[PDB]
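Here is the structure we will look at.
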Amino acid sequence: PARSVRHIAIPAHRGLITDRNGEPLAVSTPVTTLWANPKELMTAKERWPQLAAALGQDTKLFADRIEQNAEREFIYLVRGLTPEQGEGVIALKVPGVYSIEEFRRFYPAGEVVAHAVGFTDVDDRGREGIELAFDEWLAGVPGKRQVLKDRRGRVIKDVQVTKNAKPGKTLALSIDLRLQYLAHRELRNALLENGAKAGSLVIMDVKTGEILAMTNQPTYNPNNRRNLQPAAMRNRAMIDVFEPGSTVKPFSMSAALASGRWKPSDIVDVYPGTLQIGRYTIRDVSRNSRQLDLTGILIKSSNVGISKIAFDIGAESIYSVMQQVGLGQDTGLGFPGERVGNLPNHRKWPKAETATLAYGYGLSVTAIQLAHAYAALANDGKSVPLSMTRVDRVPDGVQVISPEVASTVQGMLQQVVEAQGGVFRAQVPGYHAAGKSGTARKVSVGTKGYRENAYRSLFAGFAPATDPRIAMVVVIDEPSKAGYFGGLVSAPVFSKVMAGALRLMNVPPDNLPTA
Ligand SMILES: *C(=O)[C@@H](NC(=O)[C@H](N)c1ccc(O)cc1)[C@@H]1N[C@@H](C(=O)O)C(C)(C)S1
């Protein structure tokens, strides 16, 4: 054809992502992509070697590429150069060489918030994290332009633009970059000090359902598009499931207190520190107890104690609490590839499965689910929907644990942290803090039993105890030093991060004299 009217795409500006206070976290940056029409290049061959050198290409390999693409009318030279580098090639004035203005993401906080903010692909589309989850909101709509193409791929004139490029929309996350940096720094330090393989830390606002911080190790710099390490790009807090172990005992206890059959001052006989159930043996770490009260069962973390309570009240009541607080349940966050985990269910619960459920084996949850469950407990038993975006109007929560039961369990968890023989490393000077340690043996990758030397160290809690504001989970995978108990490995991280986060949020210190 002598003339040919066709259409080309004009890239649109991707929406700005900020933290909850407007600090930029993902910013669309103008880049210059160079393309060429090989047929037009065929008329200026003496210019090719200088063009090749400017592109850092070998002269022969470049010439070979153009010659073998002589039939085509569109060939990429280089994508995503800075407009500074792009003009240096444009300045050669080579016939048939053209530029289009595209966009590439810059991430000002880099590795500090990489998992939460996420990453974009070669075409500026979200492929991880918020970038992926809110891709429709962020992407906008590209422009569509008219053209006039010949048999040589030549363009004549303009006088067009049928469709204008629509920019994407701004998005403010629930994340507070101040708390995010604190959490990042403390988790990294903990990983290194313990020679651990991986870790996750989530901070949630118990009143609004907002995720205030979400950090994992290992992490990566999303501005380095060359490294491409899949393991480091995993948002473990949302995609890696684990047995939460003794961190679910406060939920078993909630079921016990709701049953009508148990009060905190009631007693369980846990002597001699083991309990046989068919071919399975329930075992406590500390085996020098006889009568323990319900608070003591949580302080000492007696598997025997919680198991006997579970046999009394029935597994159904415990399953119900865990399901209602969201363990093994869809979070509704809508991140593709987010893992839901699994909460086992039965019509007739056998005794072994009843016991293991009560102390957190045989179910799999994510760190986000665990933090959300603790948020409901801290928020006087009311569960506010999870959000990764800033919440200005809070949706109504669902009452999942009665307020009196939740309050009672809160006081028990304060004792876990403060009482003699408790998790003293979770204490937060100036405040009352509450929570529960866990230590879980990892199930072998093959068939293959439980891995003898591989543990996960957990601490989950909230503060300030007298008026809860923040819930936090710290999960550290395979610590390598002498300590591996959650109370040794994860509790000090909870303490350090809570100390900073409460003060960054201007929460009044509550360890005061009696009124
Ligand atoms: C819950 O997390 C419980 N953990 C275990 O019973 C676990 N199978 C285990 C026992 C012994 C080990 O050396 C390692 C793992 C109890 N709660 C824990 C906690 O951290 O609070 C323990 C006190 C380790 S036991």
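Here chain A follows the PDB entry for its numbers: 49-563, in order, are the residues you see. When a ligand or atom number is given, it counts from 1 through the structure's own listing order.
Within 4.5 Å of ligand 1, most heavy-atom pairs belong to the chain that the PDB entry identifies as Peptidoglycan D,D-transpeptidase FtsI.
The molecule at ligand 1 is the drug amoxicillin (bound form). Here's the thing with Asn351: one of its N/O atoms is less than 3.5 angstrom from an N/O atom of amoxicillin (bound form, ligand 1). Atoms of amoxicillin (bound form, ligand 1) lying under 4.0 Å from at least one heavy atom of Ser485, given by number and element, are 19 (C), 20 (O), 21 (O). Checked against a 3.5 angstrom limit, the closest N/O atoms of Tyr503 and amoxicillin (bound form, ligand 1) fall outside it. Those atoms of amoxicillin (bound form, ligand 1) that come under 4.0 Å of a heavy atom in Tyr409, given as number and element, are 7 (C), 8 (N). Some N or O of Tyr532 is nearer than 3.5 Å to an N or O of amoxicillin (bound form, ligand 1), by distance alone. Between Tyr407 and amoxicillin (bound form, ligand 1), a contact under 3.5 Å exists for no N or O pair. The closest protein non-hydrogen atom to atom 12 (C) of amoxicillin (bound form, ligand 1) is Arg489 NH2, 3.8 Å. Residue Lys297 places no N or O, backbone or side chain, under 3.5 Å from any N or O of amoxicillin (bound form, ligand 1). In terms of protein heavy-atom proximity, atom 24 (C) of amoxicillin (bound form, ligand 1) is nearest to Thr487 OG1, 3.6 Å.
Interface of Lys484 with amoxicillin (bound form, ligand 1), defined as ligand atoms under 4.0 Å from a residue heavy atom, comprises 21 (O). Inclusion of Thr295 in the set of residues having an N or O under 3.5 Å from an N or O of amoxicillin (bound form, ligand 1) is not warranted.
Closest protein heavy atom to atom 22 (C) of amoxicillin (bound form, ligand 1): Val333 CG2, 4.1 Å.
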